[PDB]
Amino acid sequence: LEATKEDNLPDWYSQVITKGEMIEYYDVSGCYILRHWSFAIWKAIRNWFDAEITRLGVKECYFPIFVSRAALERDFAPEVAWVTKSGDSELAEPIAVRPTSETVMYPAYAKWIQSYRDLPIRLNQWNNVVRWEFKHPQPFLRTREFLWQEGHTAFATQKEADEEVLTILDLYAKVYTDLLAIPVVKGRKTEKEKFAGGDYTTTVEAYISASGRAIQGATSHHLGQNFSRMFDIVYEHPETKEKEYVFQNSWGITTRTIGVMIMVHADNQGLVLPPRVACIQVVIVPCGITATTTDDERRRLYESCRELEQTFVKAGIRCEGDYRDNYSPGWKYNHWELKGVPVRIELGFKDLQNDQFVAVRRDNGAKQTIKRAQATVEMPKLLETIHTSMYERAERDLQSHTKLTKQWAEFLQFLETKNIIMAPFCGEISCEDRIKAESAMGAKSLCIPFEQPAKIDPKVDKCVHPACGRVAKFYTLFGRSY
Amino acid sequence: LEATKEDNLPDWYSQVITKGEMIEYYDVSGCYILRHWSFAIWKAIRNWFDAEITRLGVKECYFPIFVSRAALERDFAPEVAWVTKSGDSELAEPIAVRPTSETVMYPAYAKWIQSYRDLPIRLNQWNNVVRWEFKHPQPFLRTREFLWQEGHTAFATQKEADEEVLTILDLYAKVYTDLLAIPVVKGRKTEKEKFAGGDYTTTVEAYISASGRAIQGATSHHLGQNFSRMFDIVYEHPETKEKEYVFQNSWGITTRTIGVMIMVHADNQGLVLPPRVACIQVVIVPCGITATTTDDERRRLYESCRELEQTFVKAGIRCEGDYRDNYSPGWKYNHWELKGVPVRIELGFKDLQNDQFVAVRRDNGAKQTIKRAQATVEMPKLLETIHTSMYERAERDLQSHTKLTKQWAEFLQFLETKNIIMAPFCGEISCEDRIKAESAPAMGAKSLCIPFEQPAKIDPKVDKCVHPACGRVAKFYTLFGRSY
Ligand SMILES: Nc1ncnc2c1ncn2[C@@H]1O[C@H](COP(=O)(O)OP(=O)(O)NP(=O)(O)O)[C@@H](O)[C@H]1O
Ligand SMILES: Nc1ncnc2c1ncn2[C@@H]1O[C@H](COP(=O)(O)OP(=O)(O)NP(=O)(O)O)[C@@H](O)[C@H]1O
Ligand SMILES: O=C(C[C@H]1NCCC[C@@H]1O)Cn1cnc2cc(Br)c(Cl)cc2c1=O
Ligand SMILES: O=C(C[C@H]1NCCC[C@@H]1O)Cn1cnc2cc(Br)c(Cl)cc2c1=O
Ligand SMILES: [Mg+2]
Ligand SMILES: [Mg+2]
Ligand SMILES: [Zn+2]
Ligand SMILES: [Zn+2]
């Protein structure tokens, strides 16, 4: 590993994603070959979330990657990738590679709702979407093609919609903290940062101390009746028949997760995978095989290592051994340290003589010896222990970069000191622009958190800036972002 | 269903796939909205095959949907979709939507095999691909975007490659016979119909009698060293430091599976889904209505039906009840019969009094009464019974359309009356072209495959090719017929 995380972050990240065997750079700018290592992490995330939402009643479909011009046109216009040509023959009308599927799914929804009896609609797509991002692309954070799931739901009454938005958001937050061991702040986005066609938007924000910047981890919007008016998704009331518009929601999460994991956990020696998503959770690395190693002893070692690995598998542990005779044990140590496998097993001849083995943690590198009887009990403890110690390590990190203040001056102080700031705010868009302006790379709104620091005292509290709406409507989290 | 399968096949196919709620037609020609129902079918096939191939050891990755012009340019040119514009701004280089990934994965392979020690590389991706086909598209058989799985593999020795080719081909055929209940002919593709960049091509062909045509259900190719040579996928031989090229396969299967399912099994009342991929295997339909609704009895009926479906799901059976108030039991009957649910459950107040229910089969409409204790046993047996009755009927159909001959004249007779033929063949492509011509959306006859189960030795003492003008090698038997 060539670069360090603290000095020269972009090339630390590059080094990690390549020497960790998750990326291969690709000759269409801003898209990246996904290797087995990364893709398994995405599979773990995808599988948990789909089990969750299929338990809830969301069904799965798939709309085509292509969107007609006419479909799309009824403004992110500069972000649309256009097929214009089939080979050498130029196309009558161009077709667009999808960025999202509202334009295609909501007309379908108008067609599928023939009566009140057809509601609710709860569909989800696991697909890939292409946005010709103008902002600097980063290998997992912002790729021009990315894989995600997008769910679009239609409801009779607004209660169902509000409840599902929050349900999905709790799911998203659990993906972050329970799968990837990352702390996140749940909140509402301001009127400036909400999804334009929506009503309100929930988010799950995370903070990179390295970058000093925060990043949106997923979104769950409540669309209200905005789109159902746009696309005329209506039904007649069963009693007192009158044209009623349905209530909608949409939500999404992407491979950005992997990037956020990297940024939060990887150290200066490679990746550090959260145990619950790591492809290989335990790797056994046989050692002690000197020059004078009688081939019977090398076979005996290999036999015991394979027996240990499979008794791990039977106890539900993703464990593999590394028995390649072309590499030294120390080489194997480094290799798997870059791949960030949570626990390495060291099984030498002396450990064999004692019916034990030594486990080494990828975070903090602590060694600890374990007898082979307790293998199926200690090892899962250790995996959970690692998860917690990762999450807490990051959570304390977040808590040390969040400062609360009611003054602009020390707001700017904090912002320059590489941390994000909780301050009272009016919410007004003009003022939010003024804050970002006078902070320059300037300070953006992250979300209005669900957990407020204090109740706002209306006779006292004021906004964090000079003109505003004056009266503080709530506390908002602000900071530099991705 | 307005139209019949027998008269007006295309319009029947449209009616079943729409009123069965799997397709939604789409305003970009040759793409089709996959509704929840069909996609559940695809999901089952995918999970089965993925369990299988990752158990064998194939790993999964994901390359971008976009291909550099240069990558791709290093025949099918009119089928490539080109992104040229990002909104307003035209792009530096144009990019192509992937049509397959050899052009892109094999350079990575060349970068990834640094030694003999890195071998074998056995990768799979589940992804979507686009081809602007020059043929009329039909909703699952040939779509302009379609989803698939492509597996690409590289091996030190040719033996490993041959073996995986055949293993994978067996897995494809199992998807067809164990999952979709369709009988399929394993074979080798002729020199004319094999994949051009390959060595040989295996296939699994299936026959739809409605259209009287065969269709390729999947492919497993042996690329040998042709692609390893193009892209210089090499390693240094261990004993002798000398450049050795790897041996490769690639194989793939697409959403066409669902189409052949539809074509082979659905009747003139809608779908008939095979039990092992059916999204709902059993639908429960109560039977008390109108004025006779002492609501206590309606709640008693609903609560016992939820108990039966719950005890069915816990025994791993995909069962849901249909309890909507709006509709009548006869409507729900017709609805789910369009959806091809293998067995419909009818549970009225009388069966309630007798601790029973009656199950009706979607394939025959045959009824059979079942007491509620034995439900946990009788239902899965019925699911197996229904499966094999589907496969067996389809196999009797295939066998009654497979005919064998050595005289060209009766080859043409058999083909003209809508069935497929197995005849002695030389293997030559010019001769195959003459065959296809002399039979005349291809109205001529194609080579389907050289079957693995040959009937009779094609012994050269006297055996000659079935065409009058061929160089009568009589190398083997080939299966011919109109195909998709
Ligand atoms: N290019 C991308 N690569 C990966 N994940 C992305 C990308 N763009 C957006 N996401 C994530 O996808 C979720 C839903 O997308 P969306 O809300 O449409 O993002 P967005 O408005 O474009 N955010 P931004 O990148 O700041 O413009 C967000 O919560 C992001 O975390
Ligand atoms: N447009 C399509 N839609 C769905 N399945 C397809 C399509 N084209 C090919 N297939 C299937 O996908 C598998 C792999 O594709 P491929 O090897 O390219 O077939 P192919 O050479 O294109 N045959 P052809 O349909 O005549 O062009 C084959 O087994 C086909 O049955
Ligand atoms: O895509 C969204 C909002 C939501 N869509 C459903 C899944 C979750 C997601 O947050 C916002 N957005 C973002 N980027 C876009 C890029 C283009 Br190009 C287009 Cl046309 C449209 C959009 C667009 O609407
Ligand atoms: O796609 C293939 C061969 C194999 N690729 C890997 C998955 C299994 C599959 O049988 C054949 N084929 C078919 N159609 C194509 C269309 C275009 Br456009 C291109 Cl460039 C290339 C191709 C092309 O190579
Ligand atoms: Mg964006
Ligand atoms: Mg083709
Ligand atoms: Zn203000
Ligand atoms: Zn011949």
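Each chain is given a letter, A onward, matching its sequence line's place in the list. Per the PDB entry, chain A residues shown: 1223-1296, 1303-1668, 1681-1722, in order. We're sticking with the PDB entry numbering for chain B, so the shown stretch reads 1223-1296, 1303-1668, 1679-1722, in order. Per the header of the entry, the method used was X-ray crystallography, 2.9 Å. Just follow the structure's listing: the first ligand is 1, and inside any ligand the first atom is 1.
Drug identified at ligand 4: halofuginone. Here, the chain sharing the greatest number of close atom pairs with halofuginone (ligand 4) is referred to in the PDB entry as prolyl-TRNA synthetase. Counting only non-hydrogen atoms, chains lying under 4.0 Å from halofuginone (ligand 4): B. The entry attributes the origin of chain B to Anopheles culicifacies.
Binding site of halofuginone (ligand 4), heavy atoms within 4.0 Å: B:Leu1294, B:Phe1304, B:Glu1307, B:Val1308, B:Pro1327, B:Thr1328, B:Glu1330, B:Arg1359, B:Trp1376, B:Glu1378, B:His1380, B:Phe1423, B:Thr1447, B:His1449, B:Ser1478, B:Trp1479, B:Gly1480.
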